[PDB]
Amino acid sequence: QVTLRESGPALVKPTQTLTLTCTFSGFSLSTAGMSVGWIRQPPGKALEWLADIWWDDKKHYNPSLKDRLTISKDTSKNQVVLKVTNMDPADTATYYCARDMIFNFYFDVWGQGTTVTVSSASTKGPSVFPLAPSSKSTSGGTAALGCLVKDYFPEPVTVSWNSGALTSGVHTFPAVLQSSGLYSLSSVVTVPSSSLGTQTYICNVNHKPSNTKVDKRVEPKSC
Amino acid sequence: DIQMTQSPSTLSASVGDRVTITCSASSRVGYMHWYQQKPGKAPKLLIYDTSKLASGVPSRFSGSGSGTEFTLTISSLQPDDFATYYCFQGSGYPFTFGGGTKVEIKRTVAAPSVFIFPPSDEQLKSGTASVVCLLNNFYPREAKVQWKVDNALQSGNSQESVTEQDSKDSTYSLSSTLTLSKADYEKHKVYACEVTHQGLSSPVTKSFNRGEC
């Protein structure tokens, strides 16, 4: 199928340049009528179109950002690059590449997005702590357990349970920037208390910006 | 440049309700397109060329309009329609998106289940103590959580986080996290999370004594 995937650094310092790459397959950017475009989205704000490139190397830019943007293609590697110079806090966003065609002039297939944060602060891996089930994390016939994912920077972090095999009753909370300037979140799973022994519980945490990967067993505490 | 407004900014409606979202462009465009964005996902093409359904979209959704005024219609709103919807013009450069409309599902009142977790011994060795209070599967979103520590009401050391509305049952979940230093934590016995919500006739308290099983 037609697929696109964005890559680039999670973190850039103010005044530095950002380089993003979109790698695509299931189509070619030498094929007449084909375009790849870049779209961004600041945390909880509207989508904003940035740039596009066409099979014939025609380029277009959003006029407010034009002085800061350069789009380029390498047909030979199925890649499109966007360079954004002089990054500032307003450039913190999720960056999307998408496919457009001359028949459409709309983005029909999108990549999954890559998160970029513009900050002075250093990368930091999370500490991962279990939220052990007990009588106190029981309500009716429901038990709760979880993992506290504490003191990381920047976004994002991923959390799954039992390598993604356990999915129902899972609630992974959105990260909050703490007063210390580092992120924290919990991920919790609910199960009927008399159903707890059906499996063990492992939260797999991955912070790709610090190359950190932690597995944590969450068991009941003893005396 | 061709710019668009979207109305309303936020919409709450029941399952089965007819929903209408409008887009108004600064000058006439030949087509308007529509995207559906779930939280933590890429936007998905929903309607293209004003009226055409994109692949996999149920018949429930339809688009209409011309010139500057366009309409996205959901004839019978379903729990899985919780999203932000954007209009998009690609008729002329620069390409532009409307401000977005967030659609939430109105449901019957459901009381939170309340759960408390003391800090782990692993966190306590590393020098901090986080007390987590969990409110699970409730509606509406609005909820008050108060921490009491040895019968003192806490302020400015607790943070909340709330899930996006659940795509099957339309309920929310919330975490309230109380953070102290290990030193402050070990000074005190009774840790209590007190929860006020529409679905509970009186506040609910979960508490533990520090140091017990």
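Labels below follow one simple rule: chain letters A, B, ... track the order of the sequence lines, proteins then strands, and each chain is numbered from 1.
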inquiry  = Mind telling me what drug shows up at chains A and B?
reply    = motavizumab
ask   = What name appears alongside chain A in the PDB?
value = Heavy chain
ask   = Does the entry give chain B a name, and if so, what?
value = humanized Fab Lite chain
